[PDB]
Structures are given as structure tokens and as C-alpha cells.
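Here is a PDB entry that includes avibactam (bound form).
Residues 1-267, in that order, are what chain A shows, numbered as in the PDB entry. Both counts, for ligands and for their atoms, begin at 1 and track the order of listing. Method on record in the header is X-ray crystallography, 2.3 Å. Side chains are part of it too, since the values below use all heavy atoms of this structure and drop only hydrogens, waters and symmetry mates.
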Amino acid sequence: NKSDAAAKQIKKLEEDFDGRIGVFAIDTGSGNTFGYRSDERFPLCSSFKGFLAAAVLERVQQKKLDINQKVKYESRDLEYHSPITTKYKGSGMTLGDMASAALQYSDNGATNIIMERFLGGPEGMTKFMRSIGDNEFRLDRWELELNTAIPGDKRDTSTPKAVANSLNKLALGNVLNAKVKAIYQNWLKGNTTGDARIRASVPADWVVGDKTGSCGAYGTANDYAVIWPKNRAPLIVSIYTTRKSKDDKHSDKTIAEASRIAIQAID
Ligand SMILES: *C(=O)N1C[C@H](NOS(=O)(=O)O)CC[C@H]1C(N)=O
Ligand SMILES: [Cl-]
Ligand SMILES: [Cl-]
């Protein structure tokens, strides 16, 4: 019945802002879980960039790539929203710096460059996810087109549960070795976009690593996080939303609230 109460609360919240909320949360210290719409599809938007950074680190770990190899792009027309790659166009960036920009600032140039040159495009990004046992995730298009968040479209979607399981595996599990996982965690912990989301749903002294997504259409926005509560084993929270209408804006406050509810549901 605690699951049932949390379900009623999410259902009401999603009705209050005329949209759809999907939630999965895991307490890693007990195995307890909470889901609502946990198997339904939601656009990933920028959130997939957190997995794209994990894929680079796996490549590094495998000695396929080097974390400090110079990535050069002096002639490229940077995609819109490339705040970090635009500052280093003249000089190039290290591969590790590039991947972390794609994660912590959602940098679109960084994303496109990495998929074109190191990850085998959207199909290769999908391949990596299948290789960690994620069967729901799919990326179909490149930046910026992956963001259209058309209702009923299944391109560039995943499920809250699968995203949560995958972040569990990547941030806490054993896909990455102890060394390279620490780096991923640090990247996550220093995300710059997430302050009004899962982060705002927890005490200021809990440590959080997250990655947000804001398609910019259909009120579509999301966040996933590892939370290290003080004196307790880590939580995983995954929150996805869509809204009914094209011009609807996303709601940071609904995400934060949905995370507050999900985190009490697994208390
Ligand atoms: C991510 O969805 N995008 C990059 C940028 N927003 O960063 S955030 O989503 O992490 O907050 C603008 C919108 C969107 C994109 N690819 O256009
Ligand atoms: Cl996923
Ligand atoms: Cl957040």
C-alpha cells in the first residue's frame, strides 16, 4: 500500500499539469523499488548524454581510445548549444574534457563529434546500451533532431526503469573498473543543469550526481540521479515527463516533486 499511495500522488500530479510522469527509484541498500509508468516510453532528450559519456569511458578502459587524446574540429559548424566546444574550437579538446562537457553542460557539438568519430552514431550508442543489458533504450537520430518529442513517436526513447537500471549498472555496478567508474561519478557529481530537479528534492548535505534532459517541445523534460544520502547506501532516481501540447513548457517543479514522492516510496 505504500507503493499505492505514492502512485495516487504521482497520478494526481501528472493530472494537475495535464501531462505524463514516469518514475523508477531504487534503494541500493535494501533492493526496494518504486515505479509509476515505469515501462512506458519517454523521449531521452539530453539525458542520453550521460550514457554517452559512460560509453566513452568504456572505450578508454578497453584501450580503444585514450582519455587525453586531442580531439580537433577547427573547421566544424558547431550545433546550437555548444557552450563548451565553442570555447575550444581553435585548440581542440581532450577526449575526456569533451565527454564531460557533453554530460555536465549538455554540449551538442561535443555529443555529435563523439558519436560521429568514436561511438558509431546513434546505432553504436544503442549497441553500447544493449551490451550492458539495456533492451529498452534506443537512439535513432543525431542532435538536434533527436529532441522533437512528438507524442506517440518511439524514436529516441527509453523507459524510467531501464534508465534507472542502466545508471545503476554504470555509476555503481561493474561495467567500469574502480578507477574509471570514479571518474564517471565525479562527472555526474559536477553536472551544472540539474539544480531545480532531483537535486532540489533532497537535503543540501546529500551528494548527488545527475543528468537532465529538456527537449524544448511538448513540455518534455527529465532527470536521473545517483544520490549518496549521509550514512546510507546510494539511491537511484529516474523521472521522465511529457505534456499534452506542443508549446507547453517543462515543469522543473513537477520533476522535483515526483522525485520527492518516489524517494519516500522506497524509504
Ligand atoms: C538537452 O536536452 N538539450 C541541450 C540543451 N539543454 O540542456 S539540458 O537539457 O541538459 O537542460 C538545450 C535543449 C536540448 C537540445 N539538444 O536542444
Ligand atoms: Cl535506458
Ligand atoms: Cl538534479
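To find every copy of avibactam (bound form), look at ligand 1. Within 4.5 Å of avibactam (bound form, ligand 1), most heavy-atom pairs belong to the chain that the PDB entry identifies as beta-lactamase.
In the entry, the organism recorded for chain A is Serratia marcescens.
In this structure, the protein non-hydrogen atom closest to atom 6 (N) of avibactam (bound form, ligand 1) is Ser46 OG, 4.2 Å.
This entry records a covalent bond between avibactam (bound form, ligand 1) and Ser46 OG. Among the UniProt active-site residues of chain A, the one closest to avibactam (bound form, ligand 1) by heavy-atom distance, rounded to 1 Å, is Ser46, 1 Å.
Here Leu146 has no heavy atoms under 4.0 Å from avibactam (bound form, ligand 1), in either its backbone or its side chain. Only the side chain of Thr193 comes within contact range of avibactam (bound form, ligand 1), with a heavy atom under 4.0 Å; no backbone atom does. Nearest protein neighbour of atom 11 (O) of avibactam (bound form, ligand 1), counting heavy atoms only, is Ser214 OG, 3.3 Å. For atom 8 (S) of avibactam (bound form, ligand 1), the nearest protein heavy atom (residue, atom name, distance) is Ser106 OG, 3.5 Å.
UniProt's beta-lactam-binding annotation for chain A and the heavy-atom shell under 4.0 Å around avibactam (bound form, ligand 1) share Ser46, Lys49, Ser106, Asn108, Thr212.
Look at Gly213 and you'll find a heavy atom under 4.0 Å from some atom of avibactam (bound form, ligand 1). The closest protein non-hydrogen atom to atom 15 (C) of avibactam (bound form, ligand 1) is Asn147 ND2, 3.5 Å. Neighbouring residues of avibactam (bound form, ligand 1) under 4.0 Å (non-hydrogen atoms) are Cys45, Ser46, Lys49, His81, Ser106, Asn108, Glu143, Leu144, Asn147, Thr193, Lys211, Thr212, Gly213, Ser214.
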Between avibactam (bound form, ligand 1) and the protein, give all atom pairs where both partners are nitrogen or oxygen and the distance is under 3.5 Å, as lines of names plus distance to 0.1 Å.
residue: avibactam (bound form, ligand 1); atom: 2 (O); partner: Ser46; partner atom: N; Å: 2.9
residue: avibactam (bound form, ligand 1); atom: 2 (O); partner: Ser46; partner atom: OG; Å: 2.2
residue: avibactam (bound form, ligand 1); atom: 2 (O); partner: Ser214; partner atom: N; Å: 3.0
residue: avibactam (bound form, ligand 1); atom: 2 (O); partner: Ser214; partner atom: O; Å: 3.3
residue: avibactam (bound form, ligand 1); atom: 3 (N); partner: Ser46; partner atom: OG; Å: 2.3
residue: avibactam (bound form, ligand 1); atom: 7 (O); partner: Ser106; partner atom: OG; Å: 3.2
residue: avibactam (bound form, ligand 1); atom: 9 (O); partner: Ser46; partner atom: OG; Å: 3.4
residue: avibactam (bound form, ligand 1); atom: 9 (O); partner: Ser214; partner atom: N; Å: 2.8
residue: avibactam (bound form, ligand 1); atom: 9 (O); partner: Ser214; partner atom: OG; Å: 3.3
residue: avibactam (bound form, ligand 1); atom: 10 (O); partner: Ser106; partner atom: OG; Å: 2.6
residue: avibactam (bound form, ligand 1); atom: 10 (O); partner: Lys211; partner atom: NZ; Å: 3.2
residue: avibactam (bound form, ligand 1); atom: 10 (O); partner: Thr212; partner atom: OG1; Å: 3.0
residue: avibactam (bound form, ligand 1); atom: 11 (O); partner: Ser214; partner atom: OG; Å: 3.3
residue: avibactam (bound form, ligand 1); atom: 16 (N); partner: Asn108; partner atom: OD1; Å: 3.3
residue: avibactam (bound form, ligand 1); atom: 16 (N); partner: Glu143; partner atom: OE1; Å: 2.9
residue: avibactam (bound form, ligand 1); atom: 16 (N); partner: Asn147; partner atom: OD1; Å: 3.4
residue: avibactam (bound form, ligand 1); atom: 16 (N); partner: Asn147; partner atom: ND2; Å: 2.8

